[PDB]
Amino acid sequence: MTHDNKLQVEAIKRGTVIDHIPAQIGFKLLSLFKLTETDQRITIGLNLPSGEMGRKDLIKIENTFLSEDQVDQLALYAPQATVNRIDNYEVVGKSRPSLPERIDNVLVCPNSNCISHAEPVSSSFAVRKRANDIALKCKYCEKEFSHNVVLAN
Amino acid sequence: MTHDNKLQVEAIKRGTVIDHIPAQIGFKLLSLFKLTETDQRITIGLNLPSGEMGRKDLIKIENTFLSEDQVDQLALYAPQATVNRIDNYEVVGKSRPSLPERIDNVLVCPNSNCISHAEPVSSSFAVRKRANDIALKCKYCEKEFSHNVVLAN
Amino acid sequence: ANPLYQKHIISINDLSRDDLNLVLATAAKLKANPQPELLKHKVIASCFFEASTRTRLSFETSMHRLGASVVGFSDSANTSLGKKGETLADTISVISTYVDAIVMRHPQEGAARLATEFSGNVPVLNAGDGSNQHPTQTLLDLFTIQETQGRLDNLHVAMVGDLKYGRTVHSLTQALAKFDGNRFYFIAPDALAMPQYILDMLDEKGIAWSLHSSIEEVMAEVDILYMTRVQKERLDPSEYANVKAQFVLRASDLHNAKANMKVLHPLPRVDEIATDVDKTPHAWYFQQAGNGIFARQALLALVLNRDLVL
Amino acid sequence: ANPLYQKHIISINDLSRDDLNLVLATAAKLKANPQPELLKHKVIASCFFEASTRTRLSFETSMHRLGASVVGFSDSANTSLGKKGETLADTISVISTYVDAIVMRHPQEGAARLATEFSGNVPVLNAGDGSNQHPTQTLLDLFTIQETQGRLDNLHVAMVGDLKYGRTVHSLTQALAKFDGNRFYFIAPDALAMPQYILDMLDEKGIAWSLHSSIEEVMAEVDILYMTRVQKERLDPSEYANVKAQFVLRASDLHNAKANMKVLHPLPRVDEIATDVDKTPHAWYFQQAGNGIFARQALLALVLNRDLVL
Amino acid sequence: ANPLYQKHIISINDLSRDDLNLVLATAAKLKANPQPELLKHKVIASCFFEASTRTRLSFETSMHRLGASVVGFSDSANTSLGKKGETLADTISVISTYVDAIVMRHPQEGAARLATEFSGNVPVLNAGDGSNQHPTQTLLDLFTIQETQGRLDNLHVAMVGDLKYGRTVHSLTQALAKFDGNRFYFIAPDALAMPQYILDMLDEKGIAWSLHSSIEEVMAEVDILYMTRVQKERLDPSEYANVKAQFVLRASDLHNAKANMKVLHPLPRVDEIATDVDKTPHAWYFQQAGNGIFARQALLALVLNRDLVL
Ligand SMILES: O=C(O)C[C@H](NC(=O)CP(=O)(O)O)C(=O)O
Ligand SMILES: O=C(O)C[C@H](NC(=O)CP(=O)(O)O)C(=O)O
Ligand SMILES: O=C(O)C[C@H](NC(=O)CP(=O)(O)O)C(=O)O
Ligand SMILES: [Zn+2]
Ligand SMILES: [Zn+2]
């Protein structure tokens, strides 16, 4: 198991633990991923002292693994975040979210003249890394924007 | 202040603890009242085991004190909630929400023709306990709305 | 200082029975004994950002009859609020530094209330705020009902037409509900029914009200038949079927009508009342509009003048 | 007869420092001791062929405050000049045979001037002529500046926004240039920079002036921060790139501002002054507008009343 | 089956070099030896939801030259998409059950790509999707450049004018960047510059490109001077200053122009090229359009015909 050693947040039995979430980002993920829409126990810690980063957000969800809940997407909002799969109170799996080639449904193309708006289709953007500013190319209008213009739509 | 219990929460001094939040409500209070837009340490537990409520949400906010008018606003969404003020680990104060007369600068008038929109003013509604819901009367347009329809922001 | 001195006149919901009676008592006094110089050195703003014929002219006439000056606009198209994009807060912020009181009519509901938040101690009078309230119209209507009916209590009042978007009926129902024993009969399409907050309010006071599909049903019980026009300029696309008048009063429908009964109507009419009604003893919408002068003179007098009219 | 008796008030460029101080002096006297009947039997034409909220209402209010009557229009769409094709000369040839003074605002520059060539001894007062001059706006500004800074000389004045088309900054600049040691800071987009004629004029008098790309730069030296709105209704097609405010003042930008500093702004504003600024002690555009009443009363009194106000 | 058989021609970005060359080699073959019945029993939809002269007519003429039939509309005002409100999806769902191929030009970007998801195995050819792509136009440009420069690699290409909304330069730049050693000179106003995604792409390929404020600068190094029109119908209100041509080409500006250099231009021109240039040997925009017949005949042939043209 994992007891308390000057770390006031270490206890759960089988589930997902999203660590290293940047401050002011933990509440976003909770929203986008609809993580709270569940009957499972969730523990959330915001503005936690991080010798690692400085101040971090932390989330723990029991009996819930985020593999199809898009770690993909998570790669965008919390690049440095770490996802650990827990079982028997111990970290059996650990990983870093890796940038996807694309993102579908979730996002909305900034381009106001893009055909995507008035039609029966799901969004889709090709992800590409530049410099602390991920660029997104709309599948339809082919125009490109920064994740800061698309995510903060 | 807890030791001889089965609960998994511990160590907090000088802050606020909102308890007995009905399930699926803890997240609403959190977003609906901008409770996470702070630099202070926050600890939330959703779907925590509850003796009587069966299940419950739990919010703890260090170095923050909700006034009597704020605690009463909670009554619109979590009447059963219980509030304890903390300091030096001592739970000095304890209280309960009581339905307010008004709730300002929190919700947005559903009325598309309500003057409050494109104007330098903060929303405001008269709160009226009704059967099965709560009626909210815009201080501007004077239309009444179901608290289950009035949005945030 | 009388109770309404320097007070905002926004919604009937915010006035008491005493306040109303005071206006009516004053309106009667001034009607019997005019006072051409009561508001002698006053300058009042008449700000209509929406159309009006009766309210604005009667209000400005009332001001002149009391000796006050008038400045304003009858169309927000020449103002910088429209021709230059300007918030109402800013418009009220500057106009309130010029005048002694502001009379305003606006397309959006809540407009008048908002104005009070930007006019430090300059009174704001709601000349109508987009389908919500119409305080002065009510004062005019009460004055008329008391004149023809002898009282304002234990009356049978029926309201026909657009009750949903009828700011006149919202104010009038709330005021009459401040008097004892009145019974209401609401006759309107389903799509344009009286607001639930109005009905709930009536239930809370133990006021009796009931719905009806026609005027013939109640024609023989009513003391006041209050007709209204369909508020087309405020209807939503999915309601345009109501644009036309579904209930039309004709001279013949008054055959089994109480001798004392009067037909009232805020004045813009579009076939809800046949012109053959104009000649009957029951037609009372013009003398009603006429009472707008005395109700409004009294209102201006009580709000701008500290000492009650002798 | 005081010096401005029966004089046309067209451009600040034709007034002396004497005339300005005269108006301010009178404005202060009328503010402290009103004279409700000074213009008792005068009828003044308020002719606005172009939009206006503050200028037309405070002028008209001022006329009533002095006991004069008002006639006119706030839109040239009802006049026979628009609905019947008429030259301004003709419109003035007739209107000047009806009234005692003509206050006018027109979309074309020079209108006020032109008017004087057609109003036989009937004084014309320019209420704004296109993107040229706005004399009484300046008077209100000088009054406000003297009120808050205690003087009109040796001040640091910044003018931000559209300076090419701001008829207000043109007048104000030329007027402040009539006083000693004033220093100017122009913060405007290249496409809307202060006209060359103003600058050559400041040079000729040895007045110091500098251009700046931000408000932050000058925010520590300025006494008066004069914000202006982009005159969208006057821009040329090739300048629509500027229609949006390029300089936005927020309450956070005032952290290093002098205690005495005051933010002014003629008023229709549009996002170039955050409303959070309104709460700060530096915001002073609404009060600025309040003084429009005293400045205009004085101007009317000096122009239409022969003896100086006591 | 050739590489382009039954494939959608949506974006140059999805086409290889082998594909582009395949098209040009076919155009030359058909230009040399016509094949009047190659598409004898085919019916192709010509759907223009946006205006057009050269693209639609050349495309429709190409079809006839190959024996295919054409159906469609050149204005979405007669279709059920506009006169009855219909999604592009439903429009394509039905048209694709009628025809053998769909050539479409749309006002919104992404339209062609959207269309492919609704036309089960019925090829979609993008005739331009609002400011995004224009594949065929590029095939025509490639053909012409090759015809006059003898090659598609190691060329100095300058593109002048609206480069942000120029769907032609977006495709052309991407296509020429698929060949070796081409150098780009971009001459366009700041507000209408070449989109970042094209620049980043050029960098990724190590392609050389530079910006310039005039044509004169690059006039002596360019092999191709690709002029463009300002996409006035796609400009945003805050860009109307660019509606006029900032760069004008005149017969004289070509005095120091390379012998081989050719002036091109997707023809709708609005004074970006003075008519006096028409006479010079450098003008080549009318012959360019003419090449549309060959590039488009080859495209249709490859898409609707399995066996390569002999
Ligand atoms: O217009 C109506 O139907 C009723 C009522 N009417 C009036 O006030 C008369 P007017 O619009 O001429 O002032 C109103 O709500 O504005
Ligand atoms: O409108 C402006 O931006 C400045 C100035 N404004 C005013 O004088 C106020 P108004 O247009 O309301 O009379 C003007 O030039 O007319
Ligand atoms: O060159 C232009 O201005 C527009 C350009 N034009 C053409 O392709 C020629 P057309 O519009 O006649 O088909 C386009 O984007 O489609
Ligand atoms: Zn898009
Ligand atoms: Zn409202």
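Convention: sequence-line order gives letters A, B, ...; per-chain numbering from 1. Excerpt of entry shown; contacts counted in excerpt. Indexing begins at 1, ligand by ligand and atom by atom, following the structure's order. Just so you know, these numbers use all the heavy atoms, side chains as well, and skip hydrogens, waters and symmetry mates.
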Hey, quick one: which of UC-781, ICRF-187, R-warfarin, N-phosphonacetyl-L-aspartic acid, CHF5074 is sitting at ligand 2?
N-phosphonacetyl-L-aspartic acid
Chief macromolecule bound to N-phosphonacetyl-L-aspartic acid (ligand 2) (UniProt)
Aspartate carbamoyltransferase catalytic subunit
Write down the other chains that contact N-phosphonacetyl-L-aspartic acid (ligand 2) with heavy atoms under 4.0 Å.
C, D
Enumerate the residues contacting N-phosphonacetyl-L-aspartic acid (ligand 2) with a heavy-atom distance under 4.0 Å.
C:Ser80, C:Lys84, D:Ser52, D:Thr53, D:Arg54, D:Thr55, D:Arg105, D:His134, D:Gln137, D:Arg167, D:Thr168, D:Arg229, D:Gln231, D:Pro266, D:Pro268
Atom indices of N-phosphonacetyl-L-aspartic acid (ligand 2), in the order listed, that fall short of 4.0 Å to a heavy atom of D:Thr53:
10 (P), 12 (O), 13 (O)
Identify the protein heavy atom lying closest to atom 5 (C) of N-phosphonacetyl-L-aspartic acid (ligand 2), giving its residue, its atom name and the separation to 0.1 Å.
D:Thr168 CG2, 3.8 Å
Which residue owns the protein heavy atom closest to atom 1 (O) of N-phosphonacetyl-L-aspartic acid (ligand 2), what's the atom, and how far is it?
D:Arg229 NH2, 3.0 Å
At what distance is the nearest protein heavy atom to atom 6 (N) of N-phosphonacetyl-L-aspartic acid (ligand 2), and which residue and atom is it?
D:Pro268 CD, 3.7 Å
Mind pulling out the UniProt carbamoyl phosphate-binding residues of chain D that sit under 4.0 Å from N-phosphonacetyl-L-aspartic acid (ligand 2) by heavy-atom distance?
D:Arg54, D:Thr55, D:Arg105, D:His134, D:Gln137, D:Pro268
Which heavy atom of the protein is the closest neighbour of atom 16 (O) of N-phosphonacetyl-L-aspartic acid (ligand 2), given with residue, atom name and distance?
D:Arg167 NH2, 2.8 Å
Provide, to 0.1 Å, the distance between atom 10 (P) of N-phosphonacetyl-L-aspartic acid (ligand 2) and the closest protein heavy atom, together with that atom's residue and name.
D:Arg105 NH1, 3.6 Å
Top protein contact for atom 4 (C) of N-phosphonacetyl-L-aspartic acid (ligand 2), by heavy-atom distance
D:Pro266 CB, 3.6 Å
Any idea which atoms of N-phosphonacetyl-L-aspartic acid (ligand 2) are less than 4.0 Å away from a heavy-atom of C:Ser80?
10 (P), 11 (O), 12 (O)
Measured between heavy atoms, which UniProt-annotated L-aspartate-binding residues of chain D are under 4.0 Å from N-phosphonacetyl-L-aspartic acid (ligand 2)?
D:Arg167, D:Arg229
Atom 13 (O) of N-phosphonacetyl-L-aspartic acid (ligand 2): nearest protein contact (heavy atom, Å)
D:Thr55 OG1, 2.7 Å
